[PDB]
Amino acid sequence: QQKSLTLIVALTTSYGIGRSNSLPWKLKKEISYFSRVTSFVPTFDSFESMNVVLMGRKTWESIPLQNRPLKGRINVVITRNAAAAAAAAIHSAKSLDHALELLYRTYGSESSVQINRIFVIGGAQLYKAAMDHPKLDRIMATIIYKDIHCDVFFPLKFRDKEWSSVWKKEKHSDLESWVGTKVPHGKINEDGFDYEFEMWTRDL
Ligand SMILES: NC(=O)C1=CN([C@@H]2O[C@H](COP(=O)(O)OP(=O)(O)OC[C@H]3O[C@@H](n4cnc5c(N)ncnc54)[C@H](OP(=O)(O)O)[C@@H]3O)[C@@H](O)[C@H]2O)C=CC1
Ligand SMILES: COc1cc(Cc2cnc(N)nc2N)cc(OC)c1OC
């Protein structure tokens, strides 16, 4: 493939991600961080360059009807059906690769709109397919320092010893460089607990 995928997730230290088909916490600076990262397209390329967000159907269903599609990003919803899709615009694909194929077909060299970065934004199930994909090389993880009760977990303990020779946490300086903006270094406290922004990579 051409472009690598980037995964972006918030999780607890016990790898909880979801509870109620929603996020187990209300963290405004986290969502903001999420918005900036998945939307940032280096300045010289902006009139035409858009980032892609690739999220599973349950995650699509979790976004408030008002906030979807996710603004300023090519939204693509992953589903093993074709189905009926509530899209006034809304791409649909049956796999991560089927989505990539649809994006490169649709947003080619002769396109008014061109793809910059592709983000996988959730679904535990879709986070599982991403973690197995060859082009995934980067996780933008928000670490939440509380064992908040979840019913949905991140599928791979990427920050644990067992996966430390594959997955590596990058200096905060390399995080800022990659995201192209300053990012809060160290713990943030919002709604009763600490969280922080990390960046991990695994060599292609
Ligand atoms: N903390 C965080 O950063 C995030 C947390 N979340 C949370 O995660 C939960 C959602 O996770 P989960 O329930 O697994 O759902 P997903 O969002 O992964 O949606 C799963 C559905 O999407 C489709 N799908 C997912 N992966 C694939 C695949 N590889 N191929 C084909 N279709 C696929 C299938 O749709 P179909 O049934 O149509 O076949 C599947 O039924 C919620 O609790 C949500 O709030 C979500 C994003 C981020
Ligand atoms: C934009 O708001 C939301 C974003 C997400 C995805 C998400 C949020 N934060 C991070 N770090 N990663 C993600 N993949 C998940 C959500 O709920 C499941 C949201 O609420 C509507």
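Numbering of chain A is taken from the PDB entry, so the residues present carry the numbers 3-206, in order. The header says X-ray crystallography, 1.8 Å. Atoms within a ligand are numbered from 1 in the order they appear, just like the ligands themselves.
Matching the molecule at ligand 2 against oxamniquine, clofarabine, pentoxifylline, trimethoprim, tazobactam gives trimethoprim. Going by contact count, the macromolecule most engaged with trimethoprim (ligand 2) is what the PDB entry calls Dihydrofolate reductase. The nearest non-hydrogen atom to atom 16 (C) of trimethoprim (ligand 2), considering only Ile19, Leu72, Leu25, comes from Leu25.
The entry names the source of chain A as Pneumocystis jirovecii. Residues of chain A near trimethoprim (ligand 2) cluster mainly in the UniProt domain dhfr. Looking only at heavy atoms of the protein, atom 8 (C) of trimethoprim (ligand 2) is closest to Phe36 CD1, 3.5 Å. In terms of N/O distances under 3.5 Å, trimethoprim (ligand 2) is approached by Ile10. Counting heavy atoms under 4.0 Å from trimethoprim (ligand 2), residue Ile123 touches it through both backbone and side chain. Scanning the protein heavy atoms around atom 18 (C) of trimethoprim (ligand 2), the nearest turns out to be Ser64 OG, 3.4 Å. Remark: minimum distance from atom 2 (O) of trimethoprim (ligand 2) to any protein heavy atom is reached at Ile33 CD1, 4.0 Å.
Under 4.0 angstrom from trimethoprim (ligand 2), the non-hydrogen atoms of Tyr129 all belong to its side chain. Contact atoms of trimethoprim (ligand 2) toward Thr144: 11 (N) (distance under 4.0 Å to a heavy atom of the residue).
In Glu32, the part holding a heavy atom less than 4.0 Å from any atom of trimethoprim (ligand 2) is the side chain.
Atom 5 (C) of trimethoprim (ligand 2) is never approached by the protein to below 4.0 angstrom, counting heavy atoms only. Nearest protein heavy-atom contact of atom 21 (C) of trimethoprim (ligand 2) is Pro66 CD, 3.5 Å.
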